[PDB]
Structures are given as C-alpha cells and as structure tokens.
Visitor: 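Complex: ensitrelvir : 3C-like proteinase nsp5.
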2 protein chains.
Amino acid sequence: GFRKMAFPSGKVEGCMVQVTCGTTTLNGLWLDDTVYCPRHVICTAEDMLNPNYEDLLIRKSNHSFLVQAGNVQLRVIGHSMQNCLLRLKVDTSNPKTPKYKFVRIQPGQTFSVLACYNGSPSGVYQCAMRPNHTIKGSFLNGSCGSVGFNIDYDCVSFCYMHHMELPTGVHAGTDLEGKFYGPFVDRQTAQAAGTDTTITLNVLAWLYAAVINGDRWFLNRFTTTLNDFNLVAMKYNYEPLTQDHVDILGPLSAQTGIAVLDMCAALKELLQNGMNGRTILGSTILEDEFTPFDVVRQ
Amino acid sequence: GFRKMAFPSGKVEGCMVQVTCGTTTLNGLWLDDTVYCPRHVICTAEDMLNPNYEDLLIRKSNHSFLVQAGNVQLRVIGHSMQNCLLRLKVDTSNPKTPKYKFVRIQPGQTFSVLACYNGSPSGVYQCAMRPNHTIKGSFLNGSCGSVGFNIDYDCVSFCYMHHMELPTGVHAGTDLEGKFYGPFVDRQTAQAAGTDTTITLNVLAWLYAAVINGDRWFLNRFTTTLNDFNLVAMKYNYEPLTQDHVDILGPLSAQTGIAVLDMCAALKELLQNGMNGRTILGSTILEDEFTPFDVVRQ
Ligand SMILES: Cn1cnc(Cn2c(=O)nc(Nc3cc4cn(C)nc4cc3Cl)n(Cc3cc(F)c(F)cc3F)c2=O)n1
Ligand SMILES: Cn1cnc(Cn2c(=O)nc(Nc3cc4cn(C)nc4cc3Cl)n(Cc3cc(F)c(F)cc3F)c2=O)n1
C-alpha cells in the first residue's frame, strides 16, 4: 500500500500571507514579525526581464508593500533584501508561528509543498529535489512564494520557496535564506536546467518496496561491486551510489533478506535489458521520488 | 505537472483528539462540544472479535473515557452510541471547530484523508471511494478514527471515518453518522468486499486532463456509440457509462474540443491494444481516482 503522502499542512497554513507591490502580487511567509517573500514582487511588468533589484528596492518605501493576512492588513515597518528574498519587518508578530528552522535540502530528498494562490492555501503534495536542482512540482500562475517543508516532531523545517517555472515545466526556487537551488536567477528569462539524472537510492528503495509487496521477478543471482554498478549506472544517467546510500538501505535489506549489492545487480540488468513489457508495482517506469524512509514507514 | 493533491488539512488537524478506554486507544474528531470516534474503542483486546457493543457501553460511565486534546484533558460529560460511532459530550467547545458538514459520499468520488496516530496528525493524501465501497488508503496501526474530507470555501465536508483494514490491504469505514460504507461490520474478523471495478468516468476525466497538459498521443480519428463502448467496458471490468456521465463531462469536452464519445473511442483503443510502453500524464496505467471536478480544479 505505497503512495506519496504529504505532511499535515496546518502549521504552514497559519503563516501564509499575500504580498503586493503596485499590481504585482505573490505569496509570502509570516514567521514572528518577519514576512519572507521572493524579491521579484518589487518588479513591475516592464522590470521583470533584466531587473536591477538594488535600484528597484532603494526606490521603495514601506508603504509600497501591501501585506494581507486574510482579512487583516499588516504594515511594513522595515525591509531588507537577503539574496533573492525580501524580509519585511511588520508591526505584528504572527500568533500562529510554529517552532521552525530553515534548512537546505539536498538532491534526492523529499518535502511537502503547500501550493498557495494570493496568500490562500490551495493544495498539498509531496515532491523531491532533483539532481539538476529543479523540482517536478504542480504550480499555476500566482504560486510564486509557495513554500516547501518537512515536519519533525512539532518543528517545521522550511526548505523551499517557489520562484519560477522553467520552459520544460519543472520549477526552480530558493531556500529560506534566498539562495537558489541550481544555477538559476530570478528574472523572467528562458532558463534551461541541466540534464537530469535518476535518483538511484530511491529507485533501489522502490525495488525493495516491490519485493516487500510480493513482487520479485526482477531479482537475479549476479553479483556486482559498488564500483562496477556505479559505472553502469552513470552510462544510463543514474546517480552513482555512495556507501552512505548503501548504509541507508540497510533496514530494507535486512527486512527483505536481499543484500544491497544484490539489489544493485537486479537494477543493473533492468537498466541494460529493460523491462520486457513487465511491470513493477504496476508500472513500466522505475519510480525515483520514493525514499528509503517512505518505504520503511509504510 | 499533474498529480494527486490533498486539501490543506489545517482545519481538520485542529479537531483531532485521542480517545482511550482502558488500554484501547484511537483517534476522535472534536467538533463543538462533541467527540466522534469509532465505538470499537470500548473493546478490550479480548472483546475485539464478535463484541456486543450494547453490553459493553452500558457497563461504562463518563469517567471511563479518557479524551486528550494534545496536552489538555477534556472531561466527558455524556455519551451515546449512534450506529458504529460513539458521541462523547465534553466539558469544552473546541475553539478551533471549522464550518463543517457531514456528507455521505458516493462511489467514485474523491476526498482527502488526514491519517492520524493516537490523536496526532501524521500524513495527508487524496483517495477515492471504490465502486465496491472500500478505500485504497495508506493506514497503519493506530489510525482507527482518522477522517476523510473535502473543503469548499472554508467549509469542511467530512465523509469518512476510518475503521479497519481488510485482509486484501484495502480499508473500510463509515460516514460521520457511523454507518459503514459497504457490507462490513466493526469486529476483528476477516471480511471481504465485492469485486471492484474501474471508475470509467474518472478515467475519461483523466484523459481530458492529459489533453489539457499536452499528452495527445492516444487520440484517434474514430468515434463510438455509448452502447458499443459499454460492450468494451464490461469486457474489461469498467463501469458502464451513462448520459449523466456524458453530461457531467460536457465542460471538459468543450474546453478541449473533443466530444465525449470521441474520448471513449480513444479509451476503447487503449483498453484493447494496451499502451505502447508510453505514458499518460507520467503514469503507465489508466488512473481512475481523479473526478471531473478534480481535473478542473487542478
Ligand atoms: C505556470 N507557473 C508555475 N509556477 C509559476 C510561478 N510564477 C508565478 O506565480 N508568477 C510569476 N510571475 C509573476 C507574474 C505576476 C502578475 N502579477 C499581477 N503579479 C505577478 C507576480 C509574479 Cl511573481 N512567475 C514568473 C517568474 C517569477 C519569478 F519569481 C521570477 F524570478 C521569474 C519569473 F519569470 C512564475 O513563475 N507559474
Ligand atoms: C494496519 N492498519 C491499517 N488500518 C488500521 C486501522 N486499525 C487500527 O488502527 N486499529 C485496529 N484495532 C485496534 C487495536 C488497538 C490496540 N490498542 C492498544 N488500541 C487499539 C485500538 C484499535 Cl481500533 N484495527 C482493527 C479493527 C478496528 C476496528 F474499528 C474494527 F471494527 C475492527 C478491527 F479489526 C484497525 O484496523 N490498521
């Protein structure tokens, strides 16, 4: 019974606000007395290609910022720019602020997204940071500033602030210090992501999950070293497997009785021969956004 | 970017409590001054096969119910049984109760699930009521009493309270009046649902979703009648299509400009010739847990 599940979103929902500059508007994140939002909000339509953010910013007063939390207008007391984020100081502390921290997630790791429009939460889903530092999100116009997060105990680890859609339909954004994931810049120019690779640790977890679910037609009796598997994997644009990843897969290996390198030998034959029309957990494509942690939990 | 998306769960998270009788514990739903929970909580481990709930309930008083809303304890002031649910009147009106309704959902309709573990939310995901009145959910031990719901403009429509997992790994529960979906009874005995069917109206809406998102390869120049299509549907364990179904699909037909019976002809070809190892909206099976409403909203 494996499926993508999001963390409950309530702790983030009480932090979503709307931020408007003139006629340009997007989502912002209200923690304590600070509102975080993409600095792109200070662009007019003409500014959106080739903006000079330091010029646009110095030309702004606090009153230019219209910050709305539901029915309530909050007043910007002060404002500073931090990389590609604005930090708006505001006259009131959010009573709903959860315990939180700002983290920089790593490729292969998952998080929940609260997709938001004009400061209003719309939906929640899980997705993963890709090796090429984009995310395959589900985002419409007005979603700029929507936030990605994980929850451990009662602490929300914010890790993603949505900025833009790339021409291929994938998405780019920043951490909550405003540093972009990947080689992107916040301008309305056509930017291409590098070629993507498959998250091997997660494909391996998925194969383990399929074995736990009773499907083992892809297992074989070949052996491989880590080095020889990594050489094959890179020829098929799969990420090489580190020994840390082998350690991460330890619990699934012990539960199923299939040594990590033996599952790699299964994967190797799948990569070289394909699936001869067979399916795994019902699909002909190897899923790579289900983490070992997700498998173990479900 | 088209994926299953759950409603933001904040309004439901504020209603989740833990209910314990002796050592038996599960989740309850706290609305105004009432906690709703499965009556199975009044079972000792020895009672859980073939219990007599009328017998067990008369032997308890308000004191025997321990209700915890996080750190706070709520005092039970009264109690009664309604079908397979207990209604516990409490001390305190939940200050966080949203605008809400209780609805009974029909087969093929979708809802979000807030999976909970002994009173604490842990995950959220979208699923559907199967034609055979079970749910293909993701529920672990301790999830009894978790709730399913939809949201329409600040009003939460509760439609499902989780009770149990069947031998096949699917799930069974009640509406918020305590009446089970399907042929099931709340006791720890092996029970089976009827044979399931694929939700034709949902597959068709998902094919429209694909057309809108650019996936056009499965279309053909052909067309079919309702009666001939249903001859194919029965042979492949799909639900028969009705004119109401066709009427429901009108807006999706208009937006894409593909007549409904034209999409049925494409579906008939997909069922008969299988897919070519190609994908529709990223998946390699015909998805049937998106309603026409879901496709529009996304
Ligand atoms: C299809 N899609 C998927 N994700 C996105 C996110 N996204 C967005 O929501 N808005 C953007 N531009 C704006 C236009 C506005 C018009 N008004 C009146 N107000 C607006 C505010 C914004 Cl932010 N963009 C484009 C974009 C946003 C950036 F932050 C950036 F650095 C470069 C960009 F090209 C956008 O991608 N849309
Ligand atoms: C793996 N899984 C998938 N869904 C479920 C839901 N589920 C559940 O969470 N609990 C159940 N039995 C209990 C045992 C308890 C032990 N303690 C200390 N407290 C307990 C409370 C419960 Cl409810 N069940 C079984 C079950 C629950 C019912 F409500 C019912 F009518 C029949 C049943 F067989 C269960 O399925 N677990």
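Throughout, a chain's letter reflects where its sequence line sits, starting with A, and its residues are numbered from 1. Each ligand, and each atom within it, is numbered from 1 in the order the structure gives.
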Visitor: What are the letters of the other chains having a heavy atom under 4.0 Å from ensitrelvir (ligand 2)?
Guide: B
Visitor: I'm curious which UniProt active-site residue in chain B ends up closest to ensitrelvir (ligand 2) - mind giving me the heavy-atom distance too, rounded to 1 Å?
Guide: B:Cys144, 3 Å
Visitor: Determine, using heavy atoms of B:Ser143 and all atoms of ensitrelvir (ligand 2), whether some pair is separated by less than 4.0 Å.
Guide: yes
Visitor: Which residue from B:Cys144, B:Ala115, B:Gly145 reaches closest to atom 10 (N) of ensitrelvir (ligand 2) through any of its heavy atoms?
Guide: B:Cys144
Visitor: Across chain B, in which UniProt domain are most residues that contact ensitrelvir (ligand 2) found?
Guide: Peptidase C30
Visitor: Which residue from B:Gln188, B:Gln191, B:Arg187, B:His163 reaches closest to atom 7 (N) of ensitrelvir (ligand 2) through any of its heavy atoms?
Guide: B:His163
Visitor: Mind checking whether B:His40 has an N or O less than 3.5 Å away from an N or O of ensitrelvir (ligand 2)?
Guide: no
Visitor: With a non-hydrogen cut-off of 4.0 Å, what is the binding site of ensitrelvir (ligand 2)?
Guide: B:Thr23, B:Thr24, B:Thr25, B:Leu26, B:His40, B:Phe139, B:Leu140, B:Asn141, B:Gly142, B:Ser143, B:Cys144, B:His162, B:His163, B:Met164, B:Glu165, B:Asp186, B:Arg187, B:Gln188
